[PDB]
J.: 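One structure, as structure tokens, below. Some questions next.
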Amino acid sequence: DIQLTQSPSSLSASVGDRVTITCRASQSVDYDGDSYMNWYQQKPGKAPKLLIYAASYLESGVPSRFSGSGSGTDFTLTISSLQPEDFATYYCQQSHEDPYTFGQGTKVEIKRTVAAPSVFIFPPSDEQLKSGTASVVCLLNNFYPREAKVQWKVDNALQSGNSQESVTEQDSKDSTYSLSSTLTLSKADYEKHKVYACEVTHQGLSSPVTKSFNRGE
Amino acid sequence: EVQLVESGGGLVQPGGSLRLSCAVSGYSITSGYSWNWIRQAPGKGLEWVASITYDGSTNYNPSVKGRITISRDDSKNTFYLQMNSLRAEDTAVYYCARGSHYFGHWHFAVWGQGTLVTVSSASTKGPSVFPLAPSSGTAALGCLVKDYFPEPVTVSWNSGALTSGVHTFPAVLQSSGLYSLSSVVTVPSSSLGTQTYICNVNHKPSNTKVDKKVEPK
């Protein structure tokens, strides 16, 4: 089969900058003067969206800042000026022969100014404590870059092995990320302590920000 | 406007069979040049697996050939995907897509929403919804969707009326083998008394739909 390889695998570009994505096919996809290379844009949770067909034709409804070029085995997708809503994974696809194959995808992220997270801590609900399990959630809202460190402290005791982190995809509205850290304890272990703290360290934060609460207060 | 709506996803046993349907509305299925199925698995990009043209000619990807059948029902304006002898590698989000009458045909401008097929021997389990009450300016609140299987869970706020500031985090796999996620939203503190906030949780594999109101403790 024809294998497609894209480059780079991912990129982080400043907003408004020009973006170039290349796709190399293991065999030529030319046929009768046309090149059967297509490009797709896939945003989180959505189906792929057709941008370019036949190497250089712009699909109706797609902004004119997207353009394609190339022939034979080498093809290029160009974004003349990267916009915040262009955060997505981009795929090339050859339609020269079956099976119709896709590239591995190129993730495009917008590089914006450094922003500090808004930290919030949530105690476990009384509805959950009735089941015998406690979940303490710490929220880091709207920050950049994606790199953020979170560590828990239960009565000044650093926690380890009892938390999990989840990061959202880049928000096109402001090019920021959000992170949640969930500290999972048993109800008995939760009732034996008082202070539950969430310590957040980030580039946009000079000193680490700590938010905490007291159980039963 | 042409719409492709998929159904039939969910949990399947290893060695079992899946049956997906793609109901087409606002467009006659007999008018499309071809109707296709394309699956997306993590680390595998996108893979075309089956097609059927307007005259009934079928074609399949050799990586699945022998255990796949694509069919059509013009009276119901629906085409189907049938796969048997399922393996864990068949776990993916399955899309239906329409081919083109132009420029080599086998590029896809219209897609369905995608449905997740999970090939596992584990059992389905409904989630528990717990509130993340706000502390009392911008306030943060949310819902905790804990212990469910398999994916996915969809979360909206106020039946879709509230979208601004919403962050639904990707699910994480707990050590118990069950998934868990949370969805938050930033709201003004002055609105905590007067504005009602309800998270709409839906877990179709377990037929569990919950509307949970979040208010200060």
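The chains referred to below are lettered A, B, ... by the order of the sequence lines, with proteins before strands, and numbering in each begins at 1. Recorded method for this deposit: X-ray crystallography, 2.3 Å.
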J.: Hmm, looking at chains A and B, which of omalizumab, ofatumumab, crenezumab would that be?
T.: omalizumab
J.: Looking at the PDB entry, what's the name given to chain A?
T.: Omalizumab Fab
J.: Per the PDB, what's the name of chain B?
T.: Omalizumab Fab
